[PDB]
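In this PDB entry you will find celecoxib.
Throughout, protein chains are lettered first and strands after them, A, B, ... in sequence-line order, and every chain is numbered starting at 1. Both ligands and their constituent atoms are indexed starting at 1 by order of listing. The header says X-ray crystallography, 2.8 Å. Computation of the quantities below employed the complete heavy-atom set of this structure, encompassing side-chain atoms and omitting hydrogens, waters and symmetry-equivalent molecules.
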Amino acid sequence: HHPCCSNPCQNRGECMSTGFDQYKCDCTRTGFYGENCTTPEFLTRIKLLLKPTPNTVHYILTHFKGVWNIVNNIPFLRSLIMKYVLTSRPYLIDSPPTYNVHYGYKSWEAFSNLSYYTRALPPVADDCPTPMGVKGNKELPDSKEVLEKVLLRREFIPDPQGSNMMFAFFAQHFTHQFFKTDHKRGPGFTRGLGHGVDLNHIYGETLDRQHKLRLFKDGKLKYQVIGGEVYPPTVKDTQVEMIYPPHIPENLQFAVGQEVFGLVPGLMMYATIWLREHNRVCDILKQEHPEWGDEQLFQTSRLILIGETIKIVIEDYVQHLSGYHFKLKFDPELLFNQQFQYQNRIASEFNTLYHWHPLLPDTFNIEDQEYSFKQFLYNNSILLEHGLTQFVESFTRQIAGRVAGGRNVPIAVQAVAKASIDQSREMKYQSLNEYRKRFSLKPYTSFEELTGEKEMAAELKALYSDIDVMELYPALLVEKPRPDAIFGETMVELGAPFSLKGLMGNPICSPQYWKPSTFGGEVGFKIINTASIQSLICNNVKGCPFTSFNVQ
Amino acid sequence: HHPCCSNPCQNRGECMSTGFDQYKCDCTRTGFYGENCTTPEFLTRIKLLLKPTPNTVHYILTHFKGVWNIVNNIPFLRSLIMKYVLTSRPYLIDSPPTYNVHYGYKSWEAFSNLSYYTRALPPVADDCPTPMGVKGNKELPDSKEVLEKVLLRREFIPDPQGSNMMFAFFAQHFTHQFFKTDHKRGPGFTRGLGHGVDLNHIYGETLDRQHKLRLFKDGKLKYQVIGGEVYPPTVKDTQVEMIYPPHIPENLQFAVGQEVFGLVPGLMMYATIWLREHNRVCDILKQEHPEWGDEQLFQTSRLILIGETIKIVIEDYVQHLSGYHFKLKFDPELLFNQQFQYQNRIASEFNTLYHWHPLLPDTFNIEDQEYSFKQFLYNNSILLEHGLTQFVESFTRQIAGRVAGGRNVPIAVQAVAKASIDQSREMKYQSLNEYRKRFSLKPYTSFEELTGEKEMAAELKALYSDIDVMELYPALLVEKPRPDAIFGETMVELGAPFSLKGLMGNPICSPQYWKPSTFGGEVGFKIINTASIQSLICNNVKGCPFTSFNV
Ligand code: COH
Ligand code: COH
Ligand SMILES: *[C@@H]1O[C@H](CO)[C@@H](O[C@@H]2O[C@H](CO)[C@@H](O)[C@H](O)[C@H]2NC(C)=O)[C@H](O)[C@H]1NC(C)=O
Ligand SMILES: *[C@@H]1O[C@H](CO)[C@@H](O[C@@H]2O[C@H](CO)[C@@H](O)[C@H](O)[C@H]2NC(C)=O)[C@H](O)[C@H]1NC(C)=O
Ligand SMILES: Cc1ccc(-c2cc(C(F)(F)F)nn2-c2ccc(S(N)(=O)=O)cc2)cc1
Ligand SMILES: Cc1ccc(-c2cc(C(F)(F)F)nn2-c2ccc(S(N)(=O)=O)cc2)cc1
Ligand SMILES: CCCCCCCCO[C@@H]1O[C@H](CO)[C@@H](O)[C@H](O)[C@H]1O
Ligand SMILES: *[C@@H]1O[C@H](CO)[C@@H](O)[C@H](O)[C@H]1NC(C)=O
Ligand SMILES: *[C@@H]1O[C@H](CO)[C@@H](O)[C@H](O)[C@H]1NC(C)=O
Ligand SMILES: *[C@@H]1O[C@H](CO)[C@@H](O)[C@H](O)[C@H]1NC(C)=O
Ligand SMILES: *[C@@H]1O[C@H](CO)[C@@H](O)[C@H](O)[C@H]1NC(C)=O
């Protein structure tokens, strides 16, 4: 079989077959050498001893609040610290991208073809003896068995950081613009050829879909008015293909950028908020530029809302996740004197780790009601009956589930959580400890080190035998959470660079784009640099209800 | 009308309307400020003082040959100068790209839609009173008159640098992988969504076309053997769509990556050569990796040829073009410690300046024959009759025409030259002087300064009335050439950044790609780093004839 099946090359060294049963490791710019790239250079040997562990870094960022209070209020220091945050993890991500599900080696097909999700690690070769390479049994444990033993939820576990439903639905809405998996081809393929924050879930992936959603007046998007309230247009009026069960009323079949946003009222909530924000920005720009035509009012507004989305995600969404005392800042200027590629390619592993099913509650508490999944699905009437204001007020108060720690996936979505395990095996992912080493983390030496607990670790060991063949996705959900946090180490050290890559890698963050003229002048620019999840809701939802990503 | 038709903002400042009759300049990171971004800051005054003119920089690289011969033999020193060359033009090209033919302002459509050629300068607004903005008459002079008076060829004017027909066809074959105008949409649209050196003119633009060209054994491409010589396969054999006149027999319809390479035997030459080179690399890779399957042999071979092409283009093609005594070097490691975007977007203006019609001869001299244009087109039988070796031997000694200097466009392609002017106007190009200011050059004050003579300059002033409304393309052909050189100043200062970005911006030049393992080991890596126009011909053409881009 393939001589690289055992994954011998360490420290980002690249493995290559030299014969039928011999290999060679490419230690180019790894900082190491030797047959397996395990012998470090002198300078490398220094960089290792002086490198702080991720847990050491996390402690500092979550403690000494009196010190960060000083820093956060010194713009020079804040920008300086943030400059480090954004330049810290420096080569963890291949850009331009490399492998994908069909190529364990670099090729032009893998680079050019935008339909593929890219891969941080190459897949396991087909003719490898065991699923994870050479270690482990001839077969991985039954996925259902793994699901029910350590993943499925017994009793609802709240998020100790206090994440609410405003957060959970934002995460689903925001990420499903670049996590558009194309099941017609397979789990390794995507429909989001933009590979990042292009707001295609609001405007549409194709130009043909966009023009059906547009009004072609003042740059706005088509809309309807129900009970004096602005809601998205219908499938019938725009002739936009959406995903709805046949038994859904015509006027409740809303049409938006993403075909699947009719699935959940919480998504339609955000789909409605952003539609209003777009038309709001149109109004502001038309006031500033009465000379502009419809097309320019539209395009400029889209770039503005893109900036808003990136602004909010960093300084609200990621800030809440981090739990840091340090105030994250969105300022593209901090990369202009740095080496950074203004491009991005969505990793399949970035998709996989973002399956935060445990975030979901058992019921959805709106006003005085508590709907179940069977009731909540495709019930756009709920959104209408209650209104956006009561949606915001209710979802700001309702707590969300904990992602890590194990056993918190709702039974309602068991078929989805299991599908994540199966498709991870279809795309032939490498093991948990292989992705830890890939992102400069110490491999787990025991299942009890992974979960920090004896019970699930016992069950996991009986299922997998070896810790070195533990799978990625279930490990992320059963991993020992950081102190009073929502994630474990692996979720963060892998997730942080992937997230910040698609955010800062956007063209509007480039020097030639990051100008007032790009966004219609100082007015449009100001909309972005002052945007927040609070202001978003305050400007578009009636009554301006208080909101946040935390229940407090 | 649009408040920015007059092009008020200077020094890379961006113009924005703030009403029906007013505008506003964005002077961000220009080094200037004021209403029109024209008042220089202090550090700029320092840098504008120290800045040497391109005319004198070109002088240095073309003189003191004895000293360059020394520098060319000091690795550390060759390397360091080539690094400067790659970085001497830090912010000339927008990357990620900005405007196109439909968007004179930044937008997500202009950025994401890869069907567009990008634009170095935004188009003139639709409601502008004069074709160039506010200057000049209501209409530009008839393109036919501009064509006949100062563009068409009387006496054939040969290239002083000694460019041969190997050069002329290489330039045509090489650039037509990223110059594929989608004429079903317009001149501002491209069919090459790769926007760079992807060698799709060999392997095909889409995956389907590629699989119809591949043999699926040993990673090789389909081929036929005619008289012991290897040639591309037929359209019948591959079902690959090719552009041929109806009177071309089924056996002479060669199928290659590019759909239009069949029309010119000079292109079908390199198409055959590069197809041979591909299968040669597969042979080598197969005995380096007898364990490898077909798919990896192909994909790895495509990367090496991409590397070869960039290697050959820089150190042979661009080298001969420049005329510099300094020996250029293809070394991606020179950009690792520098701010560089490993991405590219083909500019429309890059396409326009590359319309080197004057490079063409009056006849195509092969062995004992002098073929006219009418005889040469679609005549792949010429290729079979003489052979590759006679083709290389003959095209090596046949000289090419001078691009700049005026009056050198062959009569046989006058319609094409007229189309370059018509379409530039169709795409609403800005004037010559605007594109000069865009590239840190000084605007021409008179037509005599532009041409360096009196006769043609008098002709153009009768046509255009103002030097500030002189079009970009016809100027490139009549511009005063550098001393015994093929190009004028504008052709160089525009084309040099565009060419260097398209080559180095290739993902294989990125640090994670520039590894021996990417190309199948040290053997395949050396194939890239030792590639040349002579080795390409020697390894693939029978007899290994001597060739270059000169003599
Ligand atoms: C990040 C938060 C999040 C939440 C709250 C959430 C909540 C819910 C939810 C609530 C009622 C339902 C019915 C589903 C059900 C699904 N989810 Co999510 N999912 C989430 C993250 C994801 C991600 C990431 C994907 C993969 C995107 C893709 O492939 O299209 C996904 C995909 C899916 C799919 C596509 C099938 C597949 O093979 O991927 C279904 C069905 N889902 N999920
Ligand atoms: C650089 C060398 C070169 C050579 C030797 C050459 C030789 C020849 C030749 C016979 C040998 C003929 C019949 C033509 C004729 C044409 N050329 Co050129 N061309 C050249 C440079 C170019 C370039 C560059 C383009 C742009 C291709 C595009 O935009 O699709 C081009 C485009 C064309 C087109 C497309 C239509 C148009 O541009 O309006 C035609 C027709 N032509 N050319
Ligand atoms: C890139 O832009 C072109 C031109 O704007 C788009 O082509 C148009 O597509 C619409 C339908 O989507 C047709 O009705 C038009 O006739 C097309 N115009 C031309 C000139 O062909 C193209 O779809 C865009 N590409 C993407 C990926 O959105
Ligand atoms: C990207 O890759 C996919 C899969 O490798 C290509 O889709 C295949 O296309 C061929 C011919 O076009 C079909 O015969 C296959 O059935 C397709 N496979 C799948 C899974 O869809 C796709 O064409 C590639 N993209 C581009 C632009 O070439
Ligand atoms: C999917 C994902 C994963 C991590 C991040 C991220 C990014 C950052 C920052 F600051 F670097 F931008 N922190 N940060 C983060 C840090 C700590 C936690 S915690 N308290 O659960 O362990 C959670 C998130 C974002 C998205
Ligand atoms: C279309 C085009 C234009 C310029 C170049 C180019 C690039 C370079 C280099 F080396 F800097 F990269 N020089 N160089 C160049 C420089 C001078 C001349 S010359 N003797 O006609 O005036 C000719 C070419 C290449 C292609
Ligand atoms: C909660 C709905 C799914 C339950 C499936 C149970 C499958 C066996 O799961 C068992 O459940 C017990 C209690 O949680 C644990 O003590 C055991 O460790 C575990 O193996
Ligand atoms: C390299 O790894 C292999 C495992 O495949 C091991 O047998 C060998 O001893 C290692 N060699 C070195 C020098 O570490
Ligand atoms: C939600 O759907 C259920 C049945 O599908 C229905 O009884 C209920 O009225 C709906 N919610 C609202 C607010 O109408
Ligand atoms: C700017 O240019 C305009 C012409 O477009 C001119 O009228 C104006 O006086 C200029 N202003 C300055 C400060 O140079
Ligand atoms: C070229 O074509 C002409 C007809 O257009 C034909 O007579 C001639 O034989 C061809 N050249 C060769 C070498 O066959």
Chains or ligands belonging to celecoxib: ligands 5 and 6
Specify the chief binding partner of celecoxib (ligand 6) in this model, using its name in the PDB entry. Prostaglandin G/H synthase 2
OK, heavy-atom distances under 4.0 Å: which other chains does that catch around celecoxib (ligand 6)? B
Celecoxib (ligand 6) to chain B UniProt active site: nearest residue and heavy-atom distance: B:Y354, 4 Å
What do you see: which UniProt heme b-binding residues in chain B have a non-hydrogen atom under 4.0 Å from celecoxib (ligand 6), if any? none
Substrate-binding residues (UniProt) in chain B with heavy atoms under 4.0 Å from celecoxib (ligand 6): B:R89, B:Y324
Binding site of celecoxib (ligand 6), heavy atoms under 4.0 Å: B:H58, B:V85, B:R89, B:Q161, B:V318, B:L321, B:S322, B:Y324, B:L328, B:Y354, B:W356, B:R482, B:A485, B:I486, B:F487, B:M491, B:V492, B:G495, B:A496, B:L500
